[PDB]
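Structural view - dexverapamil in its complex with Plasma membrane ATP-binding cassette transporter required for the export of a-factor.
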Amino acid sequence: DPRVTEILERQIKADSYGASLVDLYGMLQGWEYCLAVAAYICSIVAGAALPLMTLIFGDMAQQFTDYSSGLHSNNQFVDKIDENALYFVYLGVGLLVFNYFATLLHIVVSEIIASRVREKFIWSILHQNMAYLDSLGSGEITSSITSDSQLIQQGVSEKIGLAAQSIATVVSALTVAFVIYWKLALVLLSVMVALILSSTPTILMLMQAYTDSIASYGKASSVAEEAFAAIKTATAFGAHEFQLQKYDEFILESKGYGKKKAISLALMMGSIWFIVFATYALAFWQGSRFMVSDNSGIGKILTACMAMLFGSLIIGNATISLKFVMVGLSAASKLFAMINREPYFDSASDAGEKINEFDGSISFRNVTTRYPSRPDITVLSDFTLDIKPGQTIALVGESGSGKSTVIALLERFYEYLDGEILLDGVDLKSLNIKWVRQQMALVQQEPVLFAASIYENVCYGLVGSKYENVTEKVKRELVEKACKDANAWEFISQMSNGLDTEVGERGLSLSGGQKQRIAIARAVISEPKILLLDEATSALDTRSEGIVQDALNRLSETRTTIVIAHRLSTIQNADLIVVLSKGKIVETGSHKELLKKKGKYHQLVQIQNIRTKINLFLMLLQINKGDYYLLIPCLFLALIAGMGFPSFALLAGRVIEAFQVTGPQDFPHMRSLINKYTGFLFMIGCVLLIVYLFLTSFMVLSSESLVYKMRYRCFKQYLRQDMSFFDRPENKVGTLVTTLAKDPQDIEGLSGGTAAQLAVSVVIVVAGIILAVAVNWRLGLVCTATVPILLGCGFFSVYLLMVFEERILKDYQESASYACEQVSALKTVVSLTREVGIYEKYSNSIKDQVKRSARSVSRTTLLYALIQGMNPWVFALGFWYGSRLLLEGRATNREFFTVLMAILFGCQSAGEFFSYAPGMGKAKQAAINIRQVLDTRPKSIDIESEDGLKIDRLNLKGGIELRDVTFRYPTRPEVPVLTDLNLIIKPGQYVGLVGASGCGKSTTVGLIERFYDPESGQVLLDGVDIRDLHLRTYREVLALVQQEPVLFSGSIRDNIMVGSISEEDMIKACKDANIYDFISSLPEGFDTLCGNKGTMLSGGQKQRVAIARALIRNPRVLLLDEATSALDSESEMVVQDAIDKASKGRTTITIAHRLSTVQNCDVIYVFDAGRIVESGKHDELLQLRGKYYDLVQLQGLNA
Ligand SMILES: COCC(CCO[C@H]1CC[C@@]2(C)C(=CC[C@H]3[C@@H]4C[C@@H]5O[C@]6(CC[C@@H](C)CO6)[C@@H](C)[C@@H]5[C@@]4(C)CC[C@@H]32)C1)COC
Ligand SMILES: COc1ccc(CCN(C)CCC[C@](C#N)(c2ccc(OC)c(OC)c2)C(C)C)cc1OC
Ligand SMILES: Nc1ncnc2c1ncn2[C@@H]1O[C@H](COP(=O)(O)OP(=O)(O)NP(=O)(O)O)[C@@H](O)[C@H]1O
Ligand SMILES: [Mg+2]
């Protein structure tokens, strides 16, 4: 027990890992480290040189004020201005150079790190033991290959460079502000820190609201998942409003939390602007108060104020960039957990022995095995067997005996706890695993061919052979010979290219017969010593089976072979047959020997013989008409913003002019002016605050509303679709749930909030331009011509960042798809030992991709650096022109700084709208997908349409008639299920539809319920076609009891009343279902929760609840689609008691696999390939000695 349990956990134990940036940045080797260092240095420099613009602005402001006061001569003013303009030019050039190098080197280093991570991941995944790989959920490895490596690459991409730039900018801004003027900087820092620690409550509230909304939509998404999975039951019982009301109850909680989200976002975005203008006014006021003692001047006050705000504003950029770093580290924590895990079997190394002159003899001695997933069941117990060279052995038995467990033990996929497996007397645990797998050839039931030429697919089996590295002509001859010996040359010659044709997604797609023969050729070409045939003809068509079986027999006449045959006629001439029952060998010997013993083999042969004998924005705005009451004020607060920012610029210009003091004699007057305007700069600062407290709020509210509708309607548009919509491969339950999660959420980027923000930004930009032109037309015209440049730069910074974000995902697609292809077929890869070749191909692909990607990036990084450096040049031109204007008297210091602050506000307000650009990158896509979903309408089976003859209960006879019905499943229209089916149920008949499996007897339920319409033919209820009846009332007449009982999450009373068409009909139905006793025995009454929690119920009680649900509506036609073909024998009797009572008094159509139930049917119909072969009662069918007789004999033997 201790050793066994330790082995079973160690085979599957996935140890966790906590990754950091040390692990990610240690992927560099040697001279690559310098690149990383260089990148960071550049980033830091590109962040430290940015707040020097505040220094140069302060110096130019001081020069302008001094010249206006009359302190210095024209020549001095011109020379100083020109020197400051040169300083802007130098700063712009430096910003360009360092931004280029920082971005390029960060991207290159991220490419290198992620490529190393990808290589290590694929190498590690390929060489894990199969037990761990099976444990990994479906699609986990492919998601780690495709969508977890991009996150790692982003975490160390230019995003971390921008985070470092933001931190450096904050540090440098604080340093500049404290070095130039420390007293005012200290006062401003104290006030800002106080106002931030005072806004910590609002941030906490916003994060809480986000978390609560996420949880509420998680509950809503669980309701959506259960409805889609149980869409048949909901369609049959008309539970399309019940599911929608359970969904709407949870997407109305998300709206309630979105109202807190809106309030918190409005408060936070108002606090951020309160800090801005409060600091501005306080800086100017306290600087004037300190000037009466320091003579600091306007320059130092402006430098300190600008540096403080600059530093604070960039804190937001650091947080957004650091989000990517945190997400990347979490993805690394995942990928490094798997990369570091050591496999249970050391197949990567070359440790082990290699048998020379391998004969091909195998020996199992008391082999015992328990799978790691289920450590309590012994799948294989005391397995003993000896296979001499040349002996073809056959493993037979019922499903779950453990036949494929022997092959899994041989191939080292799983570990055997006790016993001993010997290859020519050498223990299997002391042999090289890759060599062991090379000495065998595994031919599975489902053949896997990879996306390559048939020549390459066949050569995939030459790994580790003596012919692995030979001249290509010898390889071509070998492939030709192997394809001839596999009966594959015949159809290969027919194809145009021949051996070079590409079998895979791209190129021709072959039938199982061709794919299986190519797999046989790939197996034979290696000349194996042991052949493992695991049902190589199980899924094959009967006609194809002949050619392939011939190939398999010719292959296996001369090698040690272990045949697991689905058809026992193929293994009659096997040298030895072993019968397995629950992992134990019951008998072994020749065909004639076992038959004379009349044991399990005799029964299996008899059953086989019997079976053989029987056989865009305006659209969403129009949808959300409610936003019309959130767009009447938003065009009035915008007007207020358009009259508040120009006023703010005017006041700022007046305050700067007030500082034109020649000496200490002007300090009193200045102070008075400073005071007065600083009052207005507050009174107009608060008004705008109020606007933000409303405006942002409305934005978020609007968005929330839209999302809610885009959820509700979308769900209401999925429940409307007919079953053919849900049969399509794309419309999986998980896919539809993910679409409901994503698209309604993502369409929030083109809501009324975006329109309001765009309108506000446009109004502010236009108001700034108008104010600048009115104040001084000579200056406003240049401001009008610099604003297009200053806005394009701000937009294209975001656009190029988006391009950098998209490149990572769009570039590693030709290579991630290859890895997902070779990993989705991982047992085939492992058994061929194609692990090294796949590693070499994938590594070469991504190594080429790195070199391509660096040169791809450099071109865009050039433009990004140019845009980043553009701003100081614009400021230099503006200041030079302004100084030339003050020279000629055509402008005033007040007018110049009013224009400057106006264009500053315009560019800061238009940069709020550009941050919406990434969102509209996805929202647009979402919008078009949602429009298709809303427009999707079922062809004929529509529940919402009120067109059709309604049914009258008084005249409702309840008879059914399928007249000349033929039907094909739309997914596979080639294969017919029903052909020319003529069938009649008279009213009140208890009819049973028995038949061989695959006869399409269960499709009659779908046709009567009108899940589908017949391709050609008619279905009539009481002489009236069902296509002319109202679907809702028709389905209310019917009732359905499915094979596996479905109970939607909720109380027992709710599930039982789903089929209600008074609290006493429900009791009566529960009594008729023999379930009321169990209900009264529950801790509570009918309020007990069943779905997904509460008192769990057995299959019998679930089926009885389903029967009561069907019974409440008092149906005239009860459709029992194998209501007991899921129950154990003991439970089946009470469920059958419930079923028999329901049949009395109404038309009942029972499809049953256990023909004991249908023994009391008035008329029994037997199906065969979709047509009614035999009809009549039980005794007459028995006397007929036909297909029903064979079925009852088969059921008697099968047990
Ligand atoms: C699951 O959660 C998902 C998440 C939900 C929202 O999370 C919030 C977390 C806090 C965070 C990052 C958010 C918005 C504004 C951010 C603030 C701006 C302020 O600016 C400063 C500096 C400048 C000052 C003037 C004002 O204060 C900072 C101290 C303040 C700040 C950086 C503190 C952190 C805030 C988003 C994202 O969803 C898209
Ligand atoms: C022109 O291109 C851009 C220009 C500026 C920006 C920066 C965006 N700003 C940080 C938005 C500031 C928002 C904010 C408000 N309200 C604000 C701050 C300062 C402002 O003037 C100094 C301001 O004027 C409206 C607004 C604060 C809440 C932060 C980005 C740009 O591209 C994304
Ligand atoms: N990876 C696994 N983890 C746990 N149990 C497993 C695993 N694989 C198979 N089993 C169970 O082990 C038993 C034997 O499985 P298996 O060896 O596949 O039998 P089989 O006779 O080859 N099946 P079949 O090919 O359908 O006739 C059954 O109970 C299986 O459900
Ligand atoms: Mg099997």
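By the numbers in the PDB entry, the shown part of chain A spans 32-646, 698-1143, 1151-1288. Counting convention: from 1, in listed order, for ligands and their atoms alike. Values below: all heavy atoms of this structure, side chains included; hydrogens, waters and symmetry mates excluded.
- Counting every copy, the structure places dexverapamil at ligand 2.
- Heavy atoms under 4.0 Å from dexverapamil belong to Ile303, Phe727, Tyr774, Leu872, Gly876, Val880, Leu986, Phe987, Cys989, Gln990, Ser991, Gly993, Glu994.
- The organism that the entry gives for chain A is Komagataella phaffii CBS 7435.
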